[PDB]
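Structure (with rifampicin).
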Amino acid sequence: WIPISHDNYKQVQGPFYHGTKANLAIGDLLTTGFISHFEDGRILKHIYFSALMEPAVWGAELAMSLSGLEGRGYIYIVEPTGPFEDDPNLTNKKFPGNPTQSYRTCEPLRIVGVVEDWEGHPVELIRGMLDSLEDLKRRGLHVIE
Ligand SMILES: CO[C@H]1/C=C/O[C@@]2(C)Oc3c(C)c(O)c4c(O)c(c(/C=N/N5CCN(C)CC5)c(O)c4c3C2=O)NC(=O)/C(C)=C\C=C\[C@H](C)[C@H](O)[C@@H](C)[C@@H](O)[C@@H](C)[C@H](OC(C)=O)[C@@H]1C
Ligand SMILES: CO[C@H]1/C=C/O[C@@]2(C)Oc3c(C)c(O)c4c(O)c(c(/C=N/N5CCN(C)CC5)c(O)c4c3C2=O)NC(=O)/C(C)=C\C=C\[C@H](C)[C@H](O)[C@@H](C)[C@@H](O)[C@@H](C)[C@H](OC(C)=O)[C@@H]1C
């Protein structure tokens with residue numbers, strides 16, 4: 001397993017997926033739903049995406065739940081427009097390496113397509129992460145812009 005950094009992200013093949021509450025068209029830039037999060041003594045602002053579909057399904061479900069909104073989110077096929085790196089939240093935490101192929105970037109995502117069809121996770125599965133994210137939100141440690 002090879003860590004993805006600003007030195008080697010160009011070696012990562014798409015496609016990529018992003019889950020969100022944002023309602024945008026193909027060709028639009030995602031400048032919304034960046035996450036302000038605490039890391040190494042400061043707030044950083046990143047948008048998150050994956051080379052696999054399922055992490056974006058989680059991203060859409062949690063975007064909708066944290067926003068208190070009804071229904072399924074949106075999943076976009078995306079390209080980063082600047083350097084990206086492993087999401088440290090999902091890298092050498094619960095699993096070795098970055099098995100969900102989840103990445104973060106400081107620059108907007110380009111929407112290049114839409115995912116229409118997916119099977120969601122049961123809400124019970126979403127509740128434990130939502131509880132944790134609600135607390136981090138209250139503490140200003142992870143905040144959707
Ligand atoms: C694609 O990721 C998803 C599913 C992966 O599928 C799956 C199978 O692969 C996972 C990987 C590779 C992990 O590394 C991981 C993990 O590191 C983690 C929790 C569980 N966290 N919590 C719930 C259990 N509770 C005891 C502790 C808090 C996980 O479940 C997973 C996990 C999975 O379930 N982290 C922790 O336990 C700790 C120490 C802190 C958590 C902090 C916040 C809450 C999270 O970081 C937020 C910012 C998000 O990152 C997640 C919600 C992910 O949603 C997205 C869209 O990113 C989600 C895991
Ligand atoms: C008393 O301890 C606190 C210090 C407060 O004050 C303050 C100013 O000083 C801090 C120090 C000195 C840290 O060293 C620190 C830190 O190392 C860290 C996060 C924040 N972590 N996350 C932010 C969200 N993001 C999506 C995931 C990573 C922090 O906020 C802090 C932090 C503060 O905020 N984390 C990480 O580096 C990594 C790599 C992962 C952590 C994973 C989970 C999420 C955490 O373990 C959860 C379960 C909590 O245990 C902490 C958040 C503590 O919060 C409480 C109330 O217990 C906090 C350390």
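Each residue takes its place number in the sequence, starting with 1. Read the numbers this way: they start at 1 and go in the same order the structure lists the ligands and their atoms. Method reported for this entry: X-ray crystallography, 1.4 Å.
- The chain in largest contact with rifampicin (ligand 2) bears the name, in the PDB entry, of ARR-2.
- Contacts with rifampicin (ligand 2) closer than 4.0 Å are made by side-chain heavy atoms of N89 only, the backbone lying farther away.
- Neither the backbone nor the side chain of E39 comes within 4.0 Å of rifampicin (ligand 2), counting heavy atoms alone.
- In terms of protein heavy-atom proximity, atom 52 (C) of rifampicin (ligand 2) is closest to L141 CD1, 3.7 Å.
- In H37, neither the side chain nor the backbone holds a heavy atom less than 4.0 Å from any atom of rifampicin (ligand 2).
- The deposited structure shows no covalent link between rifampicin (ligand 2) and a chain.
- Residues touching rifampicin (ligand 2) within 4.0 Å, heavy atoms only: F38, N89, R139, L141, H142.
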